[PDB]
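Okay, so here's the structure we're looking at.
Chain A is numbered as in the PDB entry, which gives 4-361 for the residues shown. Side chains included, hydrogens not; waters and symmetry mates left out as well; all remaining heavy atoms used. Just follow the structure's listing: the first ligand is 1, and inside any ligand the first atom is 1.
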Amino acid sequence: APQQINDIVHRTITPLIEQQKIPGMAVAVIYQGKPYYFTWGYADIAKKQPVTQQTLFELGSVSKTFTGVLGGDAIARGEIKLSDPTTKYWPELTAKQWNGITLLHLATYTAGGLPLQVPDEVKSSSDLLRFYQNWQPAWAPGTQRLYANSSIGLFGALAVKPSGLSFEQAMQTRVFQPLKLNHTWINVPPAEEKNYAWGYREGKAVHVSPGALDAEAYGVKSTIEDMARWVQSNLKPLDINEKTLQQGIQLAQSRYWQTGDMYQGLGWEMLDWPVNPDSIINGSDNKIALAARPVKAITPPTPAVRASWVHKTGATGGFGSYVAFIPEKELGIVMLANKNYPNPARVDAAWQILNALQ
Ligand SMILES: *C(=O)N1C[C@H](NOS(=O)(=O)O)CC[C@H]1C(N)=O
Ligand SMILES: [Cl-]
Ligand SMILES: [Zn+2]
Ligand SMILES: [Zn+2]
């Protein structure tokens, strides 16, 4: 890697690891469109297995970027429209509060206060129907953004229904395979478990537990190499030869809602570049990111703006991830760690690196 990249990565990430007690970390810096990889520490502390470029990390809510793009691909196939009512795809959702709630609202957390999590008691399809049937919105649809796995999770599950495929099969064949993300998994196969890092929470080794709509909202695992390729794909959608996937990537970076200086895409979130670093750093704190905030609709949605900071945070019990990229500059970063450490520290480090290389 260029000396400037090696230097800023050492000076930024090694102290981050020191400050946050991260056991293992992988970083990809995409500079002039090319990834440069960095690893530290251990995927499995007790076995002393190092992090490598083949180590699988839990992406947590970064998974939503895949869901958003798969939904975009379905839009480009004509299979769904974001204006479609939820009930078009789930007619058994008969309760009246669902009148007026569209796929757009589900995808962008604006349905009116769907909760952050699907309750852990939801174990069956009938449990899931009961949950959504009995949910009472706090707000009218399209007025407040409240980040919610139960919102985009349902979007993902319904967006694939016209295809006749399961969510996992649709994702495999429509996103992972065309992009040659061959070490990216919703369910890690047995032959790949040797690569699956342990997450660490209070010193204990942990993996994310199964939950309703987990694949859609927080359940993807991937390597630093595949995540760099995902960033490249989102930086350069015209290099994707499958037209519906090219367009799906572009649609996931359209701007559907604005609140403050932030814009909601499908999975991805965006700000105009150059960005105020304190905005993205402070806005990543859970106390803000997960708070209800009024939104202004953008109609029509702004087509993907190249001069944007595009990004997504994610966490599981034992992992912390961050992705950010700037299409205009063909610059990006992926940060995968097997400890969940505070978002603002991740975003700060990412902006120190990309700011240095712009
Ligand atoms: C995604 O990682 N999840 C949903 C929500 N995301 O907010 S974050 O991206 O700013 O970390 C909270 C964390 C996590 C979860 N526990 O479901
Ligand atoms: Cl130093
Ligand atoms: Zn040093
Ligand atoms: Zn392999």
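- In this structure, the drug found at ligand 1 is avibactam (bound form).
- Here, the chain sharing the greatest number of close atom pairs with avibactam (bound form) is referred to in UniProt as Beta-lactamase.
- Atom numbering of avibactam (bound form) starts at 1 in the shown order; those under 4.0 Å from a heavy atom of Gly317 are 2 (O), 9 (O).
- Less than 4.0 angstrom separates some heavy atom of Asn346 from each of these atoms of avibactam (bound form): 8 (S), 10 (O), 11 (O).
- Counting heavy atoms under 4.0 Å from avibactam (bound form), residue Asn152 touches it through the side chain alone.
- Numbered from 1 in the order shown, with element, the atoms of avibactam (bound form) that lie under 4.0 Å from a heavy atom of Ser64 read 1 (C), 2 (O), 3 (N), 4 (C), 5 (C), 6 (N), 9 (O), 14 (C).
- No heavy atom of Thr319 sits closer than 4.0 Å to any atom of avibactam (bound form).
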Between avibactam (bound form) and the protein, find all N/O pairs closer than 3.5 Å and give the distance for each.
{"residue": "avibactam (bound form)", "atom": "2 (O)", "partner": "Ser64", "partner atom": "N", "Å": "2.7"}
{"residue": "avibactam (bound form)", "atom": "2 (O)", "partner": "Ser64", "partner atom": "OG", "Å": "2.3"}
{"residue": "avibactam (bound form)", "atom": "2 (O)", "partner": "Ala318", "partner atom": "N", "Å": "2.8"}
{"residue": "avibactam (bound form)", "atom": "2 (O)", "partner": "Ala318", "partner atom": "O", "Å": "2.9"}
{"residue": "avibactam (bound form)", "atom": "3 (N)", "partner": "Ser64", "partner atom": "OG", "Å": "2.4"}
{"residue": "avibactam (bound form)", "atom": "6 (N)", "partner": "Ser64", "partner atom": "OG", "Å": "3.2"}
{"residue": "avibactam (bound form)", "atom": "6 (N)", "partner": "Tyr150", "partner atom": "OH", "Å": "3.3"}
{"residue": "avibactam (bound form)", "atom": "9 (O)", "partner": "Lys315", "partner atom": "NZ", "Å": "3.2"}
{"residue": "avibactam (bound form)", "atom": "9 (O)", "partner": "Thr316", "partner atom": "O", "Å": "2.9"}
{"residue": "avibactam (bound form)", "atom": "9 (O)", "partner": "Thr316", "partner atom": "OG1", "Å": "2.6"}
{"residue": "avibactam (bound form)", "atom": "10 (O)", "partner": "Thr316", "partner atom": "OG1", "Å": "2.9"}
{"residue": "avibactam (bound form)", "atom": "10 (O)", "partner": "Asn346", "partner atom": "ND2", "Å": "3.0"}
{"residue": "avibactam (bound form)", "atom": "17 (O)", "partner": "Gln120", "partner atom": "NE2", "Å": "2.9"}
{"residue": "avibactam (bound form)", "atom": "17 (O)", "partner": "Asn152", "partner atom": "ND2", "Å": "3.1"}

